[PDB]
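The structure to be discussed contains tirabrutinib (bound form).
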Amino acid sequence: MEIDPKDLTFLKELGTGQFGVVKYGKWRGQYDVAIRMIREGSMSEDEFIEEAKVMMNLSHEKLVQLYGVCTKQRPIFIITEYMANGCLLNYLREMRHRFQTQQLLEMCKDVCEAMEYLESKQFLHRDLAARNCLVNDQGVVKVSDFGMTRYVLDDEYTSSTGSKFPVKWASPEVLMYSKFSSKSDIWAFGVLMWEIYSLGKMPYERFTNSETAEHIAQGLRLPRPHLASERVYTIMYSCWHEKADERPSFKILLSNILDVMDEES
Ligand SMILES: */C(C)=C\C(=O)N1CC[C@@H](n2c(=O)n(-c3ccc(Oc4ccccc4)cc3)c3c(N)ncnc32)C1
């Protein structure tokens, strides 16, 4: 879906991310959108444009919807669903004093549903983390930037030894061999659940990249958050099996989450 940039009205700046400065505006006068401006030189644009066609066809209620791109000028624009409440980590860190444990479980369910959709399309996120989940005006958490790191040039972000890499959300098979799969997303999902139930602490907030890799190499894990019940910790902990093939699928993870919701009501 190519959008005509003459149909965009820019209203407010939402700040600047890694891929680009992003603004809030309206599309054809009526529809809320976010508009990302993609910095020249930051992404393999021709490869991204081919992949943008696939992301355009990803559609799930718990996935931030990509509405289209503007590619007949430079910089290219990404037009997406507007998420009034911003980053999940900021959201957790804003009203953490207000959340009920029932609310934290629903957020986990939101992300799991999005990932189950992605898993059903054999589409890897590649960088699942709270830093790319957003929250709408109804408090719904949505997954964002899915599959965006494959097109990033910067050498440190892509490299697994870079100072940009998400070591602390990376599974062993990624850190050792750059072996991405659904099971690497599962690992990250477990870490994300830790972030949600930890009200947005950085995992291993005191550790370097190297020390974290050594920790995971020794088979050690993040601890149970005080706010996490026994059952919920078991689900998230299951995502961190040393053997990728022993980790659950998002469908199985989801059913487990629904089972605890039925159990905790
Ligand atoms: C916090 C999780 C991220 C962050 O750095 N923010 C500063 C600006 C603000 N924000 C956005 O960055 N986005 C957003 C993210 C991703 C896209 O493109 C997209 C979505 C899905 C797949 C690929 C690309 C566009 C814009 C915001 C959005 N949509 N709404 C509201 N605030 C956003 C948070």
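Just so it is clear, chain A uses the PDB entry numbers, and the residues here are 395-659, in order. Every number for a ligand or one of its atoms is a count from 1 in the order of the listing. Below, all heavy atoms of this structure are taken into account, side chains as well, without hydrogens, waters or symmetry copies.
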Original post:
Which protein or nucleic acid chain has the most heavy atoms near tirabrutinib (bound form), under its name in UniProt?
Top reply: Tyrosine-protein kinase BTK
Original post:
Among the UniProt domains of chain A, which one holds most residues within contact distance of tirabrutinib (bound form)?
Top reply: Protein kinase
Subject >> Atoms of tirabrutinib (bound form), numbered as shown, that sit under 4.0 Å from any heavy atom of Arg430 >> reply: 12 (O), 14 (C), 15 (C), 16 (C), 17 (C), 18 (O), 19 (C), 24 (C), 25 (C)
Original post:
If you count the atoms of tirabrutinib (bound form) from 1 in the order shown, which ones are under 4.0 Å from a heavy atom of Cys527?
Top reply: 2 (C)
**OP:** Return yes when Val416 approaches tirabrutinib (bound form) closer than 4.0 angstrom through a heavy atom, no otherwise.
**Re:** yes
Subject >> Short N or O distance, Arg525 and tirabrutinib (bound form), threshold 3.5 Å exclusive >> reply: no
Subject >> N or O pair under 3.5 Å between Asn526 and tirabrutinib (bound form) >> reply: no
Original post:
Covalent bond partner of tirabrutinib (bound form): which residue and atom, if any?
Top reply: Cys481 SG
**OP:** Flag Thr474 as yes when one of its N or O atoms lies below 3.5 Å from any N or O atom of tirabrutinib (bound form), and as no otherwise.
**Re:** yes
Subject >> Of the listed options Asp426, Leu528, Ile472, closest to atom 13 (N) of tirabrutinib (bound form) (non-hydrogen atoms) >> reply: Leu528
**OP:** Using a strict cut-off of 4.0 Å, indicate which atoms of tirabrutinib (bound form) neighbour a heavy atom of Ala428.
**Re:** 28 (C), 29 (N), 30 (N)
Original post:
In chain A, which UniProt active-site residue has the smallest heavy-atom distance to tirabrutinib (bound form), and what is that distance rounded to 1 Å?
Top reply: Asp521, 10 Å
Original post:
Can you find an N or O of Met477 that's nearer than 3.5 Å to an N or O of tirabrutinib (bound form)?
Top reply: yes
Original post:
Looking at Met449, which atoms of tirabrutinib (bound form) are within less than 4.0 Å of one of its heavy atoms?
Top reply: 22 (C), 23 (C)
Original post:
Per the deposit, which organism is listed for chain A?
Top reply: Mus musculus
Subject >> Heavy-atom nearest neighbour of atom 5 (O) of tirabrutinib (bound form) within options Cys481, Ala524, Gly541 >> reply: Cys481
Subject >> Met542 neighbourhood, listing tirabrutinib (bound form) atoms whose heavy-atom distance to it stays under 4.0 Å >> reply: 23 (C)
Original post:
Just which atoms of tirabrutinib (bound form) are under 4.0 Å from any heavy atom in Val458?
Top reply: 20 (C), 21 (C)
Subject >> Contact check, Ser538 vs tirabrutinib (bound form), heavy-atom distance below 4.0 Å >> reply: yes
Original post:
Around tirabrutinib (bound form), which residues have heavy atoms within 4.0 Å?
Top reply: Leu408, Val416, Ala428, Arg430, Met449, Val458, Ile472, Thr474, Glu475, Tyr476, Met477, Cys481, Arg525, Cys527, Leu528, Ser538, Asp539, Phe540, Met542
